[PDB]
Amino acid sequence: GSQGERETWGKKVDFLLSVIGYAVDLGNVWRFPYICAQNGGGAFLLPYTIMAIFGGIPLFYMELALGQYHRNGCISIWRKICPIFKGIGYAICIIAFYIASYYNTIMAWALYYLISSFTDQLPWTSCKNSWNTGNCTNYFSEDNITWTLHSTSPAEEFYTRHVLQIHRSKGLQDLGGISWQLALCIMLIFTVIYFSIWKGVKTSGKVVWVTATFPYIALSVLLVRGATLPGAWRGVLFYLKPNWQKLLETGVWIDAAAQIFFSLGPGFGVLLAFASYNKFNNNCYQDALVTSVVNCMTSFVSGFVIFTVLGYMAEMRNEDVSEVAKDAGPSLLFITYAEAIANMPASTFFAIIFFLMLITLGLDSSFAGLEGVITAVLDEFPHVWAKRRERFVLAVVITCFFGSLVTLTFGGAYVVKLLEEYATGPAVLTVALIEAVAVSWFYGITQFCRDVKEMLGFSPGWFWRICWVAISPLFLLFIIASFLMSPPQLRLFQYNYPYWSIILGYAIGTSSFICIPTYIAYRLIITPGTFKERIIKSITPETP
Amino acid sequence: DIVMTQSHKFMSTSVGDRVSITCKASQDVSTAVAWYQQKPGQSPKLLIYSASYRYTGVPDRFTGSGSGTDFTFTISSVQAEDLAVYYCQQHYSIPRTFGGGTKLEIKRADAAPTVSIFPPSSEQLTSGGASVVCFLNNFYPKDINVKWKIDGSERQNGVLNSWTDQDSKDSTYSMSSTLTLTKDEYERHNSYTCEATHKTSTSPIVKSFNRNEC
Amino acid sequence: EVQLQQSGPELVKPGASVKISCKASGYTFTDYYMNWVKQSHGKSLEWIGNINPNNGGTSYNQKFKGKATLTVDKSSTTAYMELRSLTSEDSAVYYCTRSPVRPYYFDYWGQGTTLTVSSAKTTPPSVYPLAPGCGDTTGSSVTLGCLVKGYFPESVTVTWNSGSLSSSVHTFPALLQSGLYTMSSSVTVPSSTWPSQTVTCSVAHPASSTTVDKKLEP
Ligand SMILES: CC(C)CCC[C@@H](C)[C@H]1CC[C@H]2[C@@H]3CC=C4C[C@@H](O)CC[C@]4(C)[C@H]3CC[C@]12C
Ligand SMILES: CN[C@H]1CC[C@@H](c2ccc(Cl)c(Cl)c2)c2ccccc21
Ligand SMILES: *[C@@H]1O[C@H](CO)[C@@H](O)[C@H](O)[C@H]1NC(C)=O
Ligand SMILES: *[C@@H]1O[C@H](CO)[C@@H](O)[C@H](O)[C@H]1NC(C)=O
Ligand SMILES: [Cl-]
Ligand code: NA
Ligand code: NA
């Protein structure tokens, strides 16, 4: 009665592009070209696929299958599998809030850059502005110029002193106050995601049509543009030059594993929610396969889109694209690439489509990012929730805005690094390992192959059973152990993070998954009788 | 890394001729080549940067050309003070490497080597040694034979020939032939004689002196 | 103007360490990268590494990783380079040179530092005058000279009358034998100033800090 069965998706292509749109984001565009260039060049293509075939694809497919089979949220699905691990469904929620605290602000920057890209003369071309210093030296000026340790470029000046305004803060210690411009930008973004989420999967399935197809068009325009630029072969050479001695280093394998894990994004509850709304007899294998393989291919061509332009930039300057692509962060897009676009014909066009591309790269992923949590909460508190969806979605968008006010400060970029590298990563990897173990070693892999055999009509191959049993948990275990054994020393804009930053990162990191052990203790302490009977009634799913 | 290869380790030219030094790089460089000049006994001095551009305080006679991997440093009017070792260096990729170096030697007309023999001084006889010295000044080219004669017999032991670098004023080499001997042997012979064979004349220049208080 | 003054020559025993200074003047010291180039005897230039004076931002070469350590002092605008585990290959002339960030050229260099890594004892030079004989024919010009025998290392300076005049002085490169160097110098002066006036050759040895002056007597 009343609700009973849940709703279903409006078309196969909508869900196929929704998952693709969530999988593809900023990092696919710029993190993969950098990590591919600095870790063996073209030879990075070899371990990147292995970590996919053995690690990424099995988690992606197993998550999309569990989601499309059980049709439950990230929280209520554990009550029907392993109640003690229900805290997982909560942990991810908290995790999402941290991601949403910064991932949108980044887009805000692009948005503030987009609304600043409608002028006939781009603001970051000249030095006669209200934010430039006396060190600002630009081009279209007297030739012979020689760069100095204190000299700066109008683009670097525009990012540093105008939009980001990071010169007004001394670090994590002093970062206040808040920039109202980026607050309004992130409000507009939280509004464009509000009207794209508030109705449920209908609008995020109609809006995804645009958010997921535009980046390929923009990447195509930038691609055929950058291929025509003189001296673009240098960036391609630096992008594909095989350096097989890097493969001897045990670091590049960990870099590839981590990169393909985030980029694929299993273990976050997004694929669970997206798979939940679908036909029971609908095929899941082909969907997961195609989407992931596209997500990789798209990264691969994005590499060219970036390195052709950076090759042209190295030609205009003096070569060694590694020198011009030293900084691995937002500065590679907001300063370097932007300065390269400004010196091209129809600069307004390629700027509008570039920043618009960035925003459209971000939107689909935060759409999903919220979609998983919303689905989880609505499925965990039914009839206490779902009274309206707009109320909860609004409470989340607003919560993310107040959670992003720390990032909208002048030293907000500092917090972005802190949140992006020390907090979300190791916790998502941790909960992904816990989930992979619970589904593989608690619920039983044989019964899982039986559920896929019921849904798809055939039992999964031995390659996948042997992947879920041993290969995938060791795949996540390797990354977690590698990170925990040596957290990277953070540095951003000639500013090294204090030594206690990692403690703050761990505090944010630890505060996310306090619920899984405290919930195991909660259910283990609430259910009467012996601990063996409590863990037996707590590990085995509900019989009816 | 980058290997800047200068094939010609030595190049000969004359005062007023057009001389060009080549520099071969490993990979493509675009226009990131600098040319430095190091005079014998001085620190390197930057002359060219970014293939063709000249640095401040550099004469107009030094030029630069090339775009890719092979680059050329050209001197139009070679002067006597242009005698130095020239180095090329890439300035794009880390690390910055240099070339082998091309010592530009100046070719001119022949010059007669002024030979001057010198008897061991009294301060050295006081210390207990005696070295007859034979100087060869202002000649060209470098190839020149030096023969020693204690008392008519060709002396060969204890002779050290020291060739200096070319001159930066008149481009003339100079060398020193040293005959180091003991005091006891010096006071048992009287007239020493050193002769030099050069290409300016067929007859070797012969210098002689007497030990009996000159 | 822009001057980079390095330290003097250094004679050090193998296995020890040596630090070379680099006092900069004539430009904004916090504006340019400070570099160190190694030049071996008869070899080419060899970039060791640079350092950012604002924070000491060093950037070494893979070939010198763990071999050289670059430091900088902003209070006196002076750079330093320390070399440990010294061997025979390290006995060379080291320069410190200024350089911008882009284009990365070496606009101004230091005078250099002659480093000798050997266990040979610092031997004082024996200065013996090389005066023309009293039986020679005094023509339009007489050729004088002084002799330096037995010293280590290659750190010697032979001047003539406080550098006046020296428009015809020929200095011959030192020759190493049995662990000791030996060199000579000459000077062609006209016959209207000798032996009337005073012509005295000065021989300085910075390694042993011994300056012996000898006057020429026919
Ligand atoms: C979210 C909560 C639970 C985390 C709290 C953990 C505490 C112990 C961590 C988090 C942030 C950390 C602080 C971050 C800022 C500073 C300022 C610095 O000048 C001294 C270290 C100090 C004072 C750190 C001490 C340890 C610290 C206070
Ligand atoms: C999950 N793969 C992408 C998707 C978008 C983005 C992301 C992931 C999860 C969430 Cl909940 C959100 Cl809002 C956004 C992200 C962040 C860090 C690393 C990878 C990724
Ligand atoms: C240029 O930058 C330096 C530090 O990078 C600063 O000290 C200096 O004041 C700046 N110049 C001007 C004119 O502001
Ligand atoms: C280029 O810049 C320098 C300033 O360091 C200047 O002195 C020089 O004259 C300029 N021009 C050339 C051709 O080097
Ligand atoms: Cl990827
Ligand atoms: Na991705
Ligand atoms: Na996206």
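Chain naming here is simple, since letters A, B, ... match the order of the sequence lines and numbering starts at 1 in each. Whatever order the structure lists ligands and atoms in, that order sets their numbers, starting from 1. Scope of the values below: all heavy atoms of this structure, side chains included, with no hydrogens, waters or symmetry mates.
In the deposited model, most contacts to ligand 2 involve the chain that UniProt calls Sodium-dependent serotonin transporter. In this structure, the drug modeled at ligand 2 is sertraline. Chains touching sertraline with a heavy atom below 4.0 Å, listed by letter, come to A. The organism that the PDB names for chain A is Homo sapiens. Taking UniProt's transmembrane segments of chain A in order from the N terminus, the ones with heavy atoms closer than 4.0 Å to sertraline are 1, 3, 6, 8.
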